[PDB]
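Tubulin beta chain bound by colchicine.
Here is the naming used below: chain letters follow the sequence lines, and residue numbers restart at 1 for every chain. Numbering of ligands and ligand atoms starts at 1, following listing order. This deposition comes from X-ray crystallography, 2.9 Å. Portion of entry displayed, and contacts counted within that portion, nowhere else. Both backbone and side-chain heavy atoms feed into the values below; hydrogens, waters and symmetry mates do not.
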Amino acid sequence: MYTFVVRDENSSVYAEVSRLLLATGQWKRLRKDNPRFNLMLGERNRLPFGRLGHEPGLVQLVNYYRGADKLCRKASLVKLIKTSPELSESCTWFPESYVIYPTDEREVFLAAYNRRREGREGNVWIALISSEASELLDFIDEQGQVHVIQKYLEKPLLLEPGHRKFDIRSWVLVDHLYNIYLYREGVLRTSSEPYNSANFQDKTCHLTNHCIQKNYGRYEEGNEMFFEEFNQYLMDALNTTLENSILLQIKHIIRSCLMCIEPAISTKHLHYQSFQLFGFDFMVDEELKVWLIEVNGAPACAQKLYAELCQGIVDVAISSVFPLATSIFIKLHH
Amino acid sequence: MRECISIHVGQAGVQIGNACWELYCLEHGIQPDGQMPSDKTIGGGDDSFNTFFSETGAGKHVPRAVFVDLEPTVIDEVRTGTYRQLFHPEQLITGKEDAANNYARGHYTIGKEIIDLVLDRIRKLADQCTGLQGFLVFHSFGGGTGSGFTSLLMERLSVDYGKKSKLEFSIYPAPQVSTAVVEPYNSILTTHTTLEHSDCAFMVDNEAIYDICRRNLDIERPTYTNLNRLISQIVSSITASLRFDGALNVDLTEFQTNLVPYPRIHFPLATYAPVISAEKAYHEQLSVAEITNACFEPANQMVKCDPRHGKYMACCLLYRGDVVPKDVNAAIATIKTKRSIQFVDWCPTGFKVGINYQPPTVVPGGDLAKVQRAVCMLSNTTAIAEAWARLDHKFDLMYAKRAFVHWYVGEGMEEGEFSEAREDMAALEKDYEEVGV
Amino acid sequence: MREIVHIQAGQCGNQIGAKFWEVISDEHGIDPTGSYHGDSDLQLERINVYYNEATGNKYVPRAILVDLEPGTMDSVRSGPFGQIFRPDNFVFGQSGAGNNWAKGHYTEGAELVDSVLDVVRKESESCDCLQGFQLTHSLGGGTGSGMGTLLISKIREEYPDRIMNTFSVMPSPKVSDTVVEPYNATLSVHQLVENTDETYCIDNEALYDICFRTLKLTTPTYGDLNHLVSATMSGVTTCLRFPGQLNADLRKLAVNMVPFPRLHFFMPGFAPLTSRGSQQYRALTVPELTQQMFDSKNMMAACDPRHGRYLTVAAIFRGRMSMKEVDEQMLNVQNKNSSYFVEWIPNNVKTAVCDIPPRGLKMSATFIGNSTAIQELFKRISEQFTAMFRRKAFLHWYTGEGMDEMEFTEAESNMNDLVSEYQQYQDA
Amino acid sequence: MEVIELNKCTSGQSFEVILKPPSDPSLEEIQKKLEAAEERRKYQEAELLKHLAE
Ligand SMILES: Nc1nc2c(ncn2[C@@H]2O[C@H](COP(=O)(O)OP(=O)(O)OP(=O)(O)O)[C@@H](O)[C@H]2O)c(=O)[nH]1
Ligand SMILES: COc1cc2c(c(OC)c1OC)-c1ccc(OC)c(=O)cc1[C@@H](NC(C)=O)CC2
Ligand SMILES: Nc1nc2c(ncn2[C@@H]2O[C@H](COP(=O)(O)OP(=O)(O)O)[C@@H](O)[C@H]2O)c(=O)[nH]1
Ligand SMILES: [Ca+2]
Ligand SMILES: [Mg+2]
Ligand SMILES: [Mg+2]
């Protein structure tokens, strides 16, 4: 019998993981503040990493990598990509991005905006989306909290029939040994209302968030296109597979991002151990080029895929450390 | 030449004192009876070793050391042991009954009855000093004497010796190495009262030393003899610059200068390599590059924490053995590229290096093997606050229900001192927090 | 702190007390004459604790033998180890206590108490540094129950900064002398709550069941019951009598075991459980020792520890075994059953190993538990009390010695207070 | 990169390597606190002996 704790009740993924663990009969749940655990399913804010691995005669494991917030915050991701030579300013899969504080790189932001202004090419930026620099800067200071200004993808990939926009979510599990496992199933969180090149004020067609959409559910159920259908569409429309056109770049970006932060976060020689599930968010343009949007520390799965992913988490992240009495993941080798 | 007086309080302090002074004698060529054939100036002298040893006309080299315990048992083993002739009886102070794992009993009750006697016997050592610089204090956070009496002594030494520097070697409590339930109380209480009165303090987690003994020496259930002989090796590295000819850490004031910018944040992390088993036949001798790299592994630290998630204020590398500056710089350059070393923005990113050509001396029949080169890193990292957090959480758990508090109150201490001490710790964790992110 | 002064009061007190000295004299290599005839030096290194060095270099137990009746104390003197006790330390009245607390505490006992305290004082003056006192007594009779608790009170006045340690046999209808035992117990518990630092609750019900269910003895005597007590007593005092890793005394034990001054009533335990003479030949593994000592069938107090929670635990493993295996097993019981150990006292289970095994066993384990489940023992006594008291039954035995009904109500109150105080910590 | 403050002898040598530049209670008060704790111990023992006199 192995023991675990649950410290994030709001986590829809790990509520299912604990449910599956109890069902085997070889795992018992303890109270939130019981320090005599094998596994921690910790909280999102202020996780006590300093308290792990100090309890004698217990192997301890947690579902979060300490330090991995440096990849999962919008301000942190830009700072990491710009400073780390493994990514370099010249990164090509990440959109041109700048960090602005409200009351810093404000002079660096306007220097590149002027080159775009003089050349008169596509000059639209996301933070609310606008074409004017001084109109966005006044709205950041109006909010309060610190946010990032990023180059908006003015030439996205269309979906037919519909002339639509989309983002791809891929689920990635990093185990205790720093193996990177990409889940074979992803989701296309689609827009239902057609893309409008002229009117940026409208946000329902430009932003592909699952909350904003809820023409919801016209083309596919709950604005969610799964990997078999999207592969089929690409074969018919563009004469290509998802594997070649998109997935190779996705596999490259995940691997490049996590290899960069390996020496800072790895629990290979530590007193305690860590695994973590990540949500990588991608944007495909008209030329079939893949761009990284955001990384998610506490990602939520789609309804169809909860059962399979959560069982897979138990298989290679939990039972690999605590064994019991086909693989759904593609390993990204390094 | 300025002199240093070592003070050993409680069981842990006395027993570690035994281990250090054993090692010091083997390093300086001093025999169990106190004779040093290599010393040519008989009856005196202002050599580097005279910081830790005084001399008599007879030719005896006597430690500038005072042993204090509230119970006779442990110091009685010093009085009758193999180094009985080394210390003179006036340096070995014992009481009748111990402080029973109670801070308040050691501080207030039995403390009051023995404080004046101890300071009197300390004053006898200070009188033989031509220029006293200060004190090295060896004690445990856990024990009643080790926590209680120590904090009272540290208070009184600040009054009687106002100018002088004070350094701590403190034993942090671990459930893995025979602890009592009330030791989280004793720890918080003593740290609070001592915080103002200590200039630099070297925490040694019993858990870390236990695991190094298990992993690197193949000792399944490490005794105090095992742990202390290891601790002494680390302590010897730290104090080597005070006992030997050199230009780094030559006096106690330099420990503050090189390691402690923020006066409250005075707990540097010690990291040591290599620990190699004597029972290992055929050993691949480690290079400068390999042993400097081992300083940034948490498995080698005196306190288990993660320096990657935190910031540096200072860094000292102390080498013993076959080491040249060229190899040091070459190792640093490679480590800088491959590891997360983040300094605070108001401090230079750098290392102060001290090399001593004489390799570490091994205790004959001990568990440590002879090595060609060894290093001790002293880094003031905000990561060490993890050990405060752990201890504070345990304090919070018991104190919420006022568990054991009556034992402390029953010795004349107020309940108010508990929360007063805990608030200071909440202040301390926050000081580390502001500096650390 | 090294020297302990021992007192044994009444029939039960002297009978279990004589057996204790018999068992530990064997363990230290001391013959009935008092001469040392052992092989190991370790047997003599901490012999100061229980023995005074006598002329001719003979050892004399630091024990005072007390009864209001000459009967039981005459049996001790003409018993197996009888000659070992200092003859001046035999302090006896004549009339007996007739199973009456009031006779023990107020009338007959009051006459003899000063005679006892003189001997207690004389043994104290010989002590280099007096650690504290231990009492063996029952709570159901008159002498041990009444006079014992009187002696404790009077010792606390003369030595207010010294540890009071008691081995207190609890009464049960299953092994019963008189109907008035719940009255005598309830009056005594009030005293133990206020005037002792550590009380080992030795329940006669539990000792009966161990003899009947486990040891397979159909009709157990007081001798059968006492074998279990002397084995437990030897076990709990192992770290005091023998050198080991532990630099510990009774005060240190009180500090760490008692989180709140009133809740100082412990559940003792022993593994493996054995009958006199005929004992098992098969060696017990460390996993079996740990499994047994935590099981309720091995507990000396008739409480189910599953009905409560452990505040603090202490364990003493005796014999030559793997200390790593001990640690692994001890942490296994904690990490499997962490809902029965308080989360608000971290690392509340402590283990000590002594190399010297007891007579007739290769390895053994002794258990000390401060569990909230001990309330069930006091609730039992409290129910039996009320059954008679609500009808003021048998009270004339006590009122005839000048006691008032008020005192009974107050004693019942303080016990129901103790029980609800144990209930306070069983939930949150 | 820069190796400053180099000092040598027979015993060893020491130096500094910069990689990147930057961007009390009295005797009277101790006697007071200790004696206030003796008074609380005295008071608690006096309350005990008063209770035992009752
Ligand atoms: N590393 C090390 N730790 C020790 C040693 N002796 C005791 N300890 C630790 O110190 C704590 C207990 O403190 P002690 O020094 O034994 O107690 P004391 O200072 O003598 O105080 P009292 O005995 O309560 O009067 C525990 O956490 C032990 O693990 C030792 O020789 N080496
Ligand atoms: C002389 O007899 C004993 C005395 C003590 C202890 C003990 O249990 C092993 C004894 O054996 C019965 C011991 C008690 C319990 C504690 O756990 C709650 C503790 O923290 C602490 C301990 C003891 N300390 C250690 C490191 O075990 C100190 C007091
Ligand atoms: N375990 C045990 N209990 C006893 C023994 N002798 C008497 N008792 C119990 O003690 C109670 C009677 O007290 P007793 O000691 O005879 O009275 P006293 O002589 O006035 O102290 C009853 O509950 C008995 O069951 C004994 O040898 N062993
Ligand atoms: Ca000289
Ligand atoms: Mg001690
Ligand atoms: Mg009887």
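In this structure, the ligands or chains belonging to colchicine are ligand 2. Those other chains that come under 4.0 Å from colchicine, heavy atoms only, are B, C.
The entry describes chain B with the name Tubulin alpha-1B chain. Neighbouring residues of colchicine under 4.0 Å (non-hydrogen atoms) are B:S178, B:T179, B:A180, B:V181, C:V236, C:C239, C:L240, C:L246, C:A248, C:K252, C:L253, C:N256, C:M257, C:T312, C:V313, C:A314, C:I316, C:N348, C:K350, C:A352, C:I368.
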